Protein chains: 2
Amino acid sequence: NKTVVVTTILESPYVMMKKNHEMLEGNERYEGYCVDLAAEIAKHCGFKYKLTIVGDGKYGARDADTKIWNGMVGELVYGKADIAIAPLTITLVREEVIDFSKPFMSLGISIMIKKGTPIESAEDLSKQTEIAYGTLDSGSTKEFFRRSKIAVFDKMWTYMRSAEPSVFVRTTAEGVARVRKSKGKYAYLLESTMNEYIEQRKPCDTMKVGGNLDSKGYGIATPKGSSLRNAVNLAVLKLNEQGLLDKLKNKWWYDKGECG
Amino acid sequence: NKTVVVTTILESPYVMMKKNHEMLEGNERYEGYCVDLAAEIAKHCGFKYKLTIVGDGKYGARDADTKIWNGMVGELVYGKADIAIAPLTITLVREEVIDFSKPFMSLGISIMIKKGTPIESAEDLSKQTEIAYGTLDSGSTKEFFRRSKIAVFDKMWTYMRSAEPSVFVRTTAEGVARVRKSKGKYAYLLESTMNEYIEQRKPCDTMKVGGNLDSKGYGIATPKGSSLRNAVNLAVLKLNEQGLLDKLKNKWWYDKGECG
Ligand SMILES: CC(C)S(=O)(=O)NC[C@H](C)c1ccc(-c2ccc(CCNS(C)(=O)=O)cc2)cc1
Ligand SMILES: N[C@@H](CCC(=O)O)C(=O)O
Ligand SMILES: N[C@@H](CCC(=O)O)C(=O)O
Ligand SMILES: [Zn+2]
Ligand SMILES: [Zn+2]
Ligand SMILES: [Zn+2]
């Protein structure tokens, strides 16, 4: 009976360093939605666990040439971690190599603008050129655009892939900062969950505009053949039914919201 | 190989009799979201299939005394069907006896009123007696209320379980017809998907009021040990990623709107 290695990612408000982390040990160093969720998954499934921050800071993409998976998906695939409890999007390319639980949170790709940017939709972005637009450089949002068979998203991808300087960002923080600094001339494509979060953070200068471009979810991911698979999945279901997932989202998004 | 027996339920706009169904045969008798979904899933998984409407007309619940499952769940449990492709809610008690794919559609419990009924929320319903309210029998909505420890919803359950005459209905159509014919004196608790469909149908005399009471999904269900499980699961993800699930939702909800 071993300590389960949990891979996760420093992404607010899912996992954050506590103020006093240097004075704390192990799992107590971290706080956030996924920290709370990991404690509950572990309790319901009856395992001890160790939170680990993904080494490369990435979510998980497979390199076209080397076929190597990076990020948290890589850590699962290569057996460096036993479970990923993180804002990790359920995707087909990932579900082909790892198992996901039923989604614990819903999201879709969305548009973040600096307040007062004349953009209402993904159509509005594709039709103009004054406002630059991009995504996280190594995640499911980028892959949505790259793998699309849909005309308008193919159009947006074609712009983004060739845009100079690069419209892609290394971290959500960088995307958000870029929106805040580009005086309305950069829009960021990111998941609605992160968009919603940032809209409630000081200095309250960004907002989600328009509908989501897709509808999907984050799931808890395990390597194929994990003994944790069934129990993790039932735990997610139990926690949803008991209202905990809604409670945790409110706790980390809205209850401490800085924008009124 | 073998023709896959698909259990489903006559529920608008998921599976409906075509207007000229009397002159049609087999699968061709039916149209709707789940009819289109079945066709797509069968195509991506490489099986032939026969749509069969669930004999007892129910979704599925377990008798507390006999432990026997009825409805589509029962048909899977007892080997009468190979797969359920229907607006079947993923729930813990079900996921313990059958497997669910990733959700193909999101929904939450909601309130339908006859237009002008002075009810805005579940709280409003709980605080009065003049307007009766109920749910579908042998479904997940009833179970939600049965199990809820939320004071508003427990108060509601306490009332509904004892209410005379019975506030529960056999079919969604019966719930909706009850709302329409009770002059505002009956409200109906049903899933947001069905509520929102009905709101856009003639005679446009109902509406959804308040927020959803929960957030969950419909899943394609297979009996435990099914050779279809993984392929069906991936097929749902492929269909979502292609935008096909979104296309089907628009086809059956909003393009089929009669209320403007
Ligand atoms: C990759 C996709 C195919 S998807 O699998 O993400 N679904 C796509 C479809 C559009 C969709 C259906 C339902 C949800 C949803 C997510 C989380 C919750 C909270 C609890 N989730 S739960 C217990 O599983 O119902 C409820 C609902 C999300 C998406
Ligand atoms: N949740 C995403 C990362 C964020 C994004 O791509 O926008 C993923 O799992 O790749
Ligand atoms: N979708 C529900 C039926 C409708 C309801 O209970 O409101 C089920 O699977 O039981
Ligand atoms: Zn620090
Ligand atoms: Zn718990
Ligand atoms: Zn297809």
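Within every chain, numbering begins at 1; the chains are lettered A, B, ... in the order of the sequence lines, protein sequences first and strands thereafter. Worth knowing before you read on, the calculation uses all heavy atoms, side chains too, and leaves out hydrogens, waters and symmetry mates. Method reported for this entry: X-ray crystallography, 1.5 Å. Indexing begins at 1, ligand by ligand and atom by atom, following the structure's order.
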Drug at ligand 1: what is it called? LY451395
**Main binding partner of LY451395, per UniProt** = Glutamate receptor 2
task = Write down the other chains contacting LY451395, where contact means heavy atoms under 4.0 Å apart.
result = A, B
* Asked: A:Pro103 to LY451395: N or O pair under 3.5 Å?
  -> yes
Per-atom contacts of LY451395 with B:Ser215, taking only distances under 4.0 Å to non-hydrogen atoms
19 (C), 20 (C), 26 (C)
Handout entry: Heavy atom of the protein closest to atom 29 (C) of LY451395 (residue, atom name, distance)
Key = A:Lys216 O, 3.8 Å
Notebook entry, point to check: Which L-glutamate-binding residues that UniProt annotates in chain B are found with a heavy atom under 4.0 Å from LY451395?
Noted result: none
TODO: Using a strict cut-off of 4.0 Å, indicate which atoms of LY451395 neighbour a heavy atom of B:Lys102.
DONE: 5 (O)
| Element-labelled atoms of LY451395 that are located less than 4.0 Å from some non-hydrogen atom of A:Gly217 | 6 (O)
Handout entry: Contact residues, LY451395, heavy atoms 4.0 Å
Key = A:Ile90, A:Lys102, A:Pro103, A:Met105, A:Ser106, A:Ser215, A:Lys216, A:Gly217, A:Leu237, A:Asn240, B:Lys102, B:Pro103, B:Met105, B:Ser106, B:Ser215, B:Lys216, B:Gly217, B:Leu237, B:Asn240
Tabulation required: pairs of a nitrogen or oxygen in LY451395 and a protein nitrogen or oxygen under 3.5 Å; columns are atom names and distance to 0.1 Å; otherwise 'none'.
unit_1	atom_1	unit_2	atom_2	d
LY451395	6 (O)	A:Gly217	N	3.0
LY451395	7 (N)	B:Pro103	O	2.9
LY451395	21 (N)	A:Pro103	O	2.8
LY451395	25 (O)	B:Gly217	N	3.0

